[PDB]
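What follows is a deposited structure in which one can find pilocarpine.
Residue numbers start at 1 and run along the sequence shown. Order of listing sets the numbers, starting from 1, for every ligand and every atom in it.
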Amino acid sequence: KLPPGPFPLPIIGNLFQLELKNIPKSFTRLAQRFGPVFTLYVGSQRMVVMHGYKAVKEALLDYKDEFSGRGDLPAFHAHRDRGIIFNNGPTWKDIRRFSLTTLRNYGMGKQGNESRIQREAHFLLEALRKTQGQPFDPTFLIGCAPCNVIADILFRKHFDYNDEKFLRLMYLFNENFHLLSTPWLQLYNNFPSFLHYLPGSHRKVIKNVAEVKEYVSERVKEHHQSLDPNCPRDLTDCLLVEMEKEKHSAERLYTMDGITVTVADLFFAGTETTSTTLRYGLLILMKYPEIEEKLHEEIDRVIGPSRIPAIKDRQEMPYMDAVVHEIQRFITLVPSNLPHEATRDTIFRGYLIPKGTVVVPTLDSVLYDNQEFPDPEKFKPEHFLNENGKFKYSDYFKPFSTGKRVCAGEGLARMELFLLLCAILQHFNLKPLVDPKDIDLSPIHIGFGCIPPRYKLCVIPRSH
Ligand code: HEM
Ligand SMILES: OC[C@H]1O[C@@](CO)(O[C@H]2O[C@H](CO)[C@@H](O)[C@H](O)[C@H]2O)[C@@H](O)[C@@H]1O
Ligand SMILES: CC[C@@H]1C(=O)OC[C@@H]1Cc1cncn1C
């Protein structure tokens with residue numbers, strides 16, 4: 001027997017039970033009705049949804065290997081079963097393991113992630129000053145910071161903030177994440193063959209993915225022509241070197257195409273989610289100026305107005321720590337996670353879950369638990385503050401997921417969020433164009449991601 005769920009119709013399945021523009025809300029509605037594990041058909045693809053901390057944790061932690069597969073995502077068919085993110089094949093385990101180890105090597109030491117982020121803060125602060133306290137759209141300014149950070153690890157390359165190629169890549173990342181959060185792409189994701197050769201915004205996503213891949217492909221090729229296996233320059237070099245070291249084996253983990261997919265995965269994933277979180281963070285703080293003020297107080301007391309922020313500052317800045325945690329919790333940036341897949345026939349809570357079934361370990365339902373976070377729908381730093389006014393740790397903080405497919409750059413992202421928000425607020429006050437009271441924090445699109453409203457602001461200097 002399958003987990004309980006709604007009776008499906010011919011062709012469309014349970015499409016009437018879903019609001020295309022807010023799938024996460026529909027999951028939640030279905031959870032009250034059927035419980036923390038339920039079956040759904042969207043089209044002819046059967047899925048099982050986990051909802052709530054217990055179900056999600058059990059799925060990812062007690063059934064590690066059973067649900068460690070990756071569900072298909074037609075828009076990213078040019079990556080399927082290659083690289084990391086969209087890899088449901090036999091190369092996933094080893095490519096992931098090697099990529100994690102390599103990322104850790106580049107993150108460790110005095111030339112590590114902290115220093116890399118600190119250097120990049122210089123350019124970020126420079127760009128913010130150059131706005132002269134005039135209105136500007138933050139989207140493609142602040143996004144440069146994580147984009148350059150991951151580019152350094154991948155290509156040992158640094159872009160000027162208005163390099164045309166650089167802006168184009170970020171534009172593509174932004175459009176994709178945006179469009180992948182819209183009702184049309186949600187329909188396409190589930191009915192790809194009915195919809196693919198019709199007109200629609202799905203074509204742009206597909207075109208955009210191919211364009212990022214092509215750019216990464218050329219970079220991989222330029223690295224292969226000028227390689228020195230004794231002195232690795234970046235992550236692509238390490239992957240290229242690993243490819244030569246297996247040239248006489250039976251089965252191959254590394255293709256030139258496998259590597260560009262792997263690196264385009266990291267490039268896209270290393271840029272877009274960090275950029276969106278920061279951008280969403282700035283909007284949030286502008287709605288709550290008293291929160292911005294307390295942060296300004298903590299920075300000036302602990303770090304002072306001049307010294308560059310460092311990761312260990314987190315340990316002496318409980319309010320910033322709580323705020324950075326609360327931004328990630330409140331926005332539920334990837335609210336349905338990435339789709340998992342059953343690797344074999346599995347019995348979960350006495351329910352049959354057949355091989356190939358899509359498994360959805362819902363994240364918003366963990367981030368919005370009303371027992372762990374009383375008033376979950378509200379932005380409150382005190383969701384992460386104890387009695388002593390100190391940081392209050394929570395296991396329900398899972399915006400990166402958990403288990404075998406846990407976000408490959410969790411540590412990078414968290415250090416970026418802390419250091420860069422610290423840097424920004426050390427040197428600037430945030431000025432909204434509209435009154436704080438009229439700021440709407442609701443996402444404008446909800447799908448693969450949660451998309452912030454478009455806005456402009458001024459940043460007014462603190463330092464001179
Ligand atoms: C706020 C920033 C970020 C968020 C919210 C986020 C979130 C996530 C989530 C929810 C998943 C799916 C986990 C699962 O399937 O169980 C994921 C996967 C992944 N992320 Fe992130 N991530 C962020 C930053 C990053 C960064 C900086 C990188 C690269 C350095 C990155 C690379 C990846 C990769 C390669 C995967 C696929 C893992 C796999 O399939 O085995 N992410 N991320
Ligand atoms: O169809 C799903 C979803 O797509 C939207 C736009 O997001 O409309 C698309 O599909 C309609 C067919 O149902 C077309 O008439 C329209 O041209 C196309 O944009 C939403 O209206 C709809 O919910
Ligand atoms: C389709 C892939 C998903 C997406 O678009 O945004 C989140 C997820 C890819 C991802 C994983 N970690 C960071 N990102 C950007």
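- In this structure, the ligands or chains belonging to pilocarpine are ligand 3.
- Going by contact count, the macromolecule most engaged with pilocarpine is what UniProt calls Cytochrome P450 2E1.
- Within 4.0 Å of pilocarpine on heavy-atom distance sit the residues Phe86, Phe177, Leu180, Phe268, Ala269, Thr273, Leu338, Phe448.
- The shortest contact between atom 12 (N) of pilocarpine and any protein heavy atom is with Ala269 CB, 3.7 Å.
- Looking at atom 4 (C) of pilocarpine, its nearest protein heavy atom turns out to be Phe177 CD1, 3.9 Å.
- Under a 4.0 Å criterion applied to the non-hydrogen atoms of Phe268, pilocarpine contributes the atoms 5 (O).
- Atom 13 (C) of pilocarpine has as its closest protein heavy atom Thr273 OG1, 3.1 Å.
- At the heavy-atom level, UniProt-annotated substrate binders of chain A within 4.0 Å of pilocarpine are as follows: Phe268, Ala269, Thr273.
- Shown in contact with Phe448 at under 4.0 Å from a heavy atom are these atoms of pilocarpine, numbered in order with element: 1 (C).
- According to UniProt's heme-binding annotation of chain A, no residue has a heavy atom under 4.0 Å from pilocarpine.
- Taking every heavy atom of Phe86 and a limit of under 4.0 angstrom, the matching atoms of pilocarpine come to 1 (C), 2 (C).
- Short contacts between pilocarpine and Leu338, defined as distances under 4.0 Å to a heavy atom of the residue, involve ligand atoms 3 (C), 8 (C).
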